[PDB]
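Working notes, beginning with the structure itself.
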Number of protein chains: 2
Amino acid sequence: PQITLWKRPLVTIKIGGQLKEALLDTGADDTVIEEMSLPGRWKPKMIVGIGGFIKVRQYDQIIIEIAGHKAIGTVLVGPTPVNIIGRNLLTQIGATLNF
Amino acid sequence: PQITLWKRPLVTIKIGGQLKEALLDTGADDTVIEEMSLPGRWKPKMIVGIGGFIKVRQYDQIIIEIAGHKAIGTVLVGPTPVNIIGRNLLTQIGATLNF
Ligand SMILES: CC(C)CN(C[C@@H](O)[C@H](Cc1ccccc1)NC(=O)O[C@H]1CO[C@H]2OCC[C@H]21)S(=O)(=O)c1ccc(N)cc1
Ligand SMILES: [Cl-]
Ligand SMILES: [Cl-]
Ligand SMILES: [Cl-]
Ligand SMILES: [Cl-]
Ligand SMILES: [Cl-]
């Protein structure tokens with residue numbers, strides 16, 4: 001697809017057996033999802049945005065289907081106001097910014 | 001250009017005749033830059049992101065060049081952790097997300 005930016009670039013994702021809406025976000029280094037359970041080990045991390053930092057749990061080697069495209073990588077879980085697909089997974093589906 | 005996302009999509013911007021670096025950010029509705037002087041009157045705005053909110057100065061109809069493309073539009077100025085180019089200006093430079 002070609003996604004224009006007149007509106008927020010929201011897509012459906014599937015993660016840990018759940019369907020979620022998420023933002024395709026070139027400004028996010030890594031993917032961050034609202035509180036949910038995921039399998040396996042995790043470790044804590046802080047990430048920063050507008051407003052400051054939040055504490056998240058870092059889960060590695062998690063598979064997400066993004067707009068029907070499967071990717072695997074690190075997923076951060078924590079109190080984000082919006083689900084965000086970051087560059088670590090956008091690369092994997094071949095996403096580019098074009099102008 | 002076609003910009004891949006293996007690295008942060010940083011570009012040079014020109015604003016008030018000065019060059020700065022900024023992040024192309026599809027997850028941002030609005031363009032937000034670090035403290036700087038801009039001409040004219042400003043209006044209040046609060047923006048909300050991952051770690052809570054910040055107050056910013058909203059300047060309208062500001063001439064800005066992004067990666068060599070001319071734009072004229074709203075720039076928010078305040079204590080953002082990084083300079084971000086949001087959809088308001090990404091649309092002016094004809095940017096799309098493609099995968
Ligand atoms: C500020 C960026 C450098 C980083 N952020 C991504 C950014 O796209 C967020 C993503 C975002 C979006 C909504 C709410 C929180 C986070 N947008 C954002 O804060 O935009 C603000 C400016 O325009 C307004 O429109 C959206 C909120 C305002 S972030 O969400 O803080 C973040 C930081 C690190 C990671 N790994 C993942 C996400
Ligand atoms: Cl992958
Ligand atoms: Cl990863
Ligand atoms: Cl590539
Ligand atoms: Cl990419
Ligand atoms: Cl604008």
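Chain letters run A, B, ... following the sequence lines, proteins first, then strands; residues in each count from 1. Counting convention: from 1, in listed order, for ligands and their atoms alike.
Lab note: drug at ligand 1 identified as darunavir.
Structurally, the main neighbour of darunavir (ligand 1) is the chain that the PDB entry identifies as HIV-1 Protease.
Chains with a heavy atom under 4.0 Å from darunavir (ligand 1): A, B. Within darunavir (ligand 1), the atoms closer than 4.0 Å to a non-hydrogen atom of A/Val82 are 13 (C), 14 (C), numbered from 1 in the order shown. Atoms of darunavir (ligand 1) lying under 4.0 Å from at least one heavy atom of A/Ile84, given by number and element, are 10 (C), 11 (C), 16 (C), 30 (O).
Residue contact check for darunavir (ligand 1): B/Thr80 places no non-hydrogen atom closer than 4.0 Å to it. Taking a cut-off of under 4.0 Å to the non-hydrogen atoms of B/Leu23, the atoms of darunavir (ligand 1) that pass are 3 (C). Within darunavir (ligand 1), counting atoms from 1 as listed, the ones closer than 4.0 Å to a heavy atom of B/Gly27 are 8 (O), 9 (C), 10 (C), 12 (C), 17 (N), 20 (O), 26 (C). Proximity annotation for atom 28 (C) of darunavir (ligand 1): of B/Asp29, A/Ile47, B/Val48, B/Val48 comes nearest, heavy atoms only.
The proximity of A/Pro81 to darunavir (ligand 1), defined as any non-hydrogen pair under 4.0 Å, is limited to the side chain. In terms of polar-atom proximity, A/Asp25 is counted as a contact of darunavir (ligand 1), with an N or O under 3.5 Å from an N or O of the ligand.
Of all atoms in darunavir (ligand 1), listed by their number and element, those nearer than 4.0 Å to a heavy atom of A/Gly49 are 31 (O). Heavy atoms from both the backbone and the side chain of B/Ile50 come within less than 4.0 Å of darunavir (ligand 1).
In this structure, residues within 4.0 Å of darunavir (ligand 1) (heavy atoms) are A/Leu23, A/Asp25, A/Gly27, A/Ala28, A/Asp30, A/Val32, A/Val48, A/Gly49, A/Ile50, A/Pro81, A/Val82, A/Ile84, B/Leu23, B/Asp25, B/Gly27, B/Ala28, B/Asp29, B/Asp30, B/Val48, B/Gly49, B/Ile50, B/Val82.
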